[PDB]
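Structure showing daraxonrasib engaged by Peptidyl-prolyl cis-trans isomerase A.
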Amino acid sequence: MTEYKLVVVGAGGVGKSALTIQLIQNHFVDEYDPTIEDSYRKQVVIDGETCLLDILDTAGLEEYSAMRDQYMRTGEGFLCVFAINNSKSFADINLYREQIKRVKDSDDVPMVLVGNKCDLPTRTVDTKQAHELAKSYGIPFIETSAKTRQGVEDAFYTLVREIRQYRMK
Amino acid sequence: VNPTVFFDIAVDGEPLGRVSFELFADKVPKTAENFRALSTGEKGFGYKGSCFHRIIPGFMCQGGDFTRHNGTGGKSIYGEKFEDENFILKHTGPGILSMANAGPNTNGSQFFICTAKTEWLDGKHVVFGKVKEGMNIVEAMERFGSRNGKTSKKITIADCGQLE
Ligand SMILES: CCn1c(-c2cc(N3CCN(C)CC3)cnc2[C@H](C)OC)c2c3cc(ccc31)-c1csc(n1)C[C@H](NC(=O)[C@H]1C[C@@H]1C)C(=O)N1CCC[C@H](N1)C(=O)OCC(C)(C)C2
Ligand SMILES: Nc1nc2c(ncn2[C@@H]2O[C@H](COP(=O)(O)OP(=O)(O)NP(=O)(O)O)[C@@H](O)[C@H]2O)c(=O)[nH]1
Ligand SMILES: [Mg+2]
């Protein structure tokens, strides 16, 4: 059974942990519990193959921006998360992507852009803005809500598909 | 005179020992008074019975969530949260007692005790006390921690209050 090392990154509070806990535990809590570092494992079937997802949930707290190199070298694919009601988190996306490409020394790193919190009415990042950023990276863009579960499986599973294609090229 | 408070620490309900703290009321009176009142329980709520939910060897022991008991709660005697009083005191070494927070001006009841110098927290967390007696108790708590802070035994404030 093939294992995939996924890493969830993005600005603090965008919903990295809410998304991961919704995938793993099938529930959502509104309390804020900022992450130090957490790891999870989940077996899934994607396109008829059994996959084992090893998921690293990372800290968004910008104070520790200098301590990402090691997990970026180890990770095989990245869920790059912003919140659709937080324009600064959307600007932060490009810094994460540049850091990952810098650290892995490659323009060709499996990634998915995730715009989370789409259940909210107070959108400040329009969907066209995000689609064009993702198009310019050559990567998928998926809108999600960890609160309603909209798009949650699709985001993680698409990233697995991106890693799969990178390996079978 | 600066007040002194104590915690009696237990591990899975078995006593470990007493830690006492000097509270720097002379430098941060509002922050020291919050911690003092929560240690006596005199408002009808406070630290007694709560746990150290995050222990990271080499860095700190963090506790004080007596409202949700999951690391996300707590409240001050002034309301849910209160402002950063000042940043005069620094995280100089083991035994420093300082406020946890969710960013600027979000002090509640959660606190941390340093087990090393943590100078990058200077100007971000309000230092307001230090361990006076029982630093070896804090050192003994570290082995129940882990890299990300999850504890392997339940570390509780079995009793607490103010010393004369
Ligand atoms: C990169 C990995 N990492 C690290 C880290 C940093 C280093 N170095 C930094 C200094 N250089 C010179 C050497 C290397 C090495 N190793 C690690 C860890 C062990 O690697 C896994 C930290 C950290 C903190 C947060 C997120 C990720 C983090 C975080 C996430 S929320 C936070 N901080 C602040 C926290 N608010 C809360 O709880 C809110 C919920 C309540 C109301 C809070 O008020 N307090 C009190 C002060 C201490 C802080 N908690 C905390 O736990 O600090 C952990 C510590 C290990 C001290 C720092
Ligand atoms: N409405 C809504 N709220 C969400 C959603 N995802 C997360 N939240 C809320 O946003 C806050 C931050 O969520 P969290 O998952 O802790 O964010 P994070 O990216 O893991 N933070 P950190 O980087 O500090 O660990 C919480 O209050 C959480 O309930 C979502 O899809 N919709
Ligand atoms: Mg998180």
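Chain identifiers are assigned alphabetically from A in the order in which the sequence lines are presented. Per the PDB entry, chain A residues shown: 1-169, in order. In chain B, numbers come from the PDB entry; the residues present are 2-165, in order. One-based numbering, in listed order, for ligands and for the atoms of each. Method on record in the header is X-ray crystallography, 1.8 Å. Every heavy atom of this structure was used, including side-chain atoms; hydrogens, water molecules and symmetry mates were not.
The parts of the structure that belong to daraxonrasib are ligand 1.
In contact with daraxonrasib at heavy-atom distances under 4.0 Å, by letter: A, B. Contacts between B/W121 and daraxonrasib, counted as non-hydrogen atom pairs separated by less than 4.0 Å, involve the side chain only. Remark: among candidates B/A103, B/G72, B/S147, B/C115, the nearest residue to atom 40 (C) of daraxonrasib is B/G72, based on non-hydrogen atoms.
The protein atom (non-hydrogen) at minimum distance from atom 42 (C) of daraxonrasib is B/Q111 NE2, 3.6 Å. Interface of A/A59 with daraxonrasib, defined as ligand atoms under 4.0 Å from a residue heavy atom, comprises 26 (C), 27 (C).
Counting heavy atoms closer than 4.0 Å to daraxonrasib, residue A/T35 contributes backbone atoms (N, CA, C, O) but none from C-beta onward. Note on daraxonrasib: B/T73 sits outside its first shell, no heavy atom being nearer than 4.0 Å. By the criterion of a heavy-atom distance under 4.0 Å, the side chain of A/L61, and not its backbone, is placed next to daraxonrasib.
Most residues contacting daraxonrasib in chain B map to the UniProt domain PPIase cyclophilin-type.
The source organism of chain B, per the PDB record, is Homo sapiens. For chain A, the deposit records the name GTPase NRas.
Within 4.0 Å of atom 11 (N) of daraxonrasib, not a single protein heavy atom is present. Atoms of daraxonrasib found under 4.0 Å from any heavy atom of B/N102, numbered from 1 in the order shown, are 35 (C), 36 (N), 37 (C), 39 (C), 44 (O). At a heavy-atom cutoff of 4.0 Å, daraxonrasib is contacted by no atom of A/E63, backbone or side chain. Taking only non-hydrogen atoms, the option from B/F60, A/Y71, B/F113 nearest to atom 47 (C) of daraxonrasib is B/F113. A/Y64 CZ, 3.6 Å is the protein heavy atom nearest to atom 22 (C) of daraxonrasib. Taking every heavy atom of B/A101 and a limit of under 4.0 angstrom, the matching atoms of daraxonrasib come to 43 (C), 44 (O). Neither the backbone nor the side chain of B/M100 comes within contact range of daraxonrasib; no heavy atom lies under 4.0 Å.
By chain and number, the binding site of daraxonrasib (heavy atoms under 4.0 Å) reads A/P34, A/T35, A/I36, A/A59, A/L61, A/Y64, A/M67, B/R55, B/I57, B/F60, B/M61, B/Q63, B/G72, B/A101, B/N102, B/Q111, B/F113, B/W121, B/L122, B/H126, B/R148.
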What short N/O contacts, under 3.5 Å, does daraxonrasib make with the protein, listed by atom pair and distance?
unit_1	atom_1	unit_2	atom_2	d
daraxonrasib	36 (N)	B/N102	O	3.0
daraxonrasib	38 (O)	B/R55	NH1	3.0
daraxonrasib	38 (O)	B/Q63	NE2	3.0
daraxonrasib	44 (O)	B/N102	N	2.9
daraxonrasib	44 (O)	B/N102	O	3.4
daraxonrasib	45 (N)	B/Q63	OE1	3.3
daraxonrasib	50 (N)	B/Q63	OE1	2.9

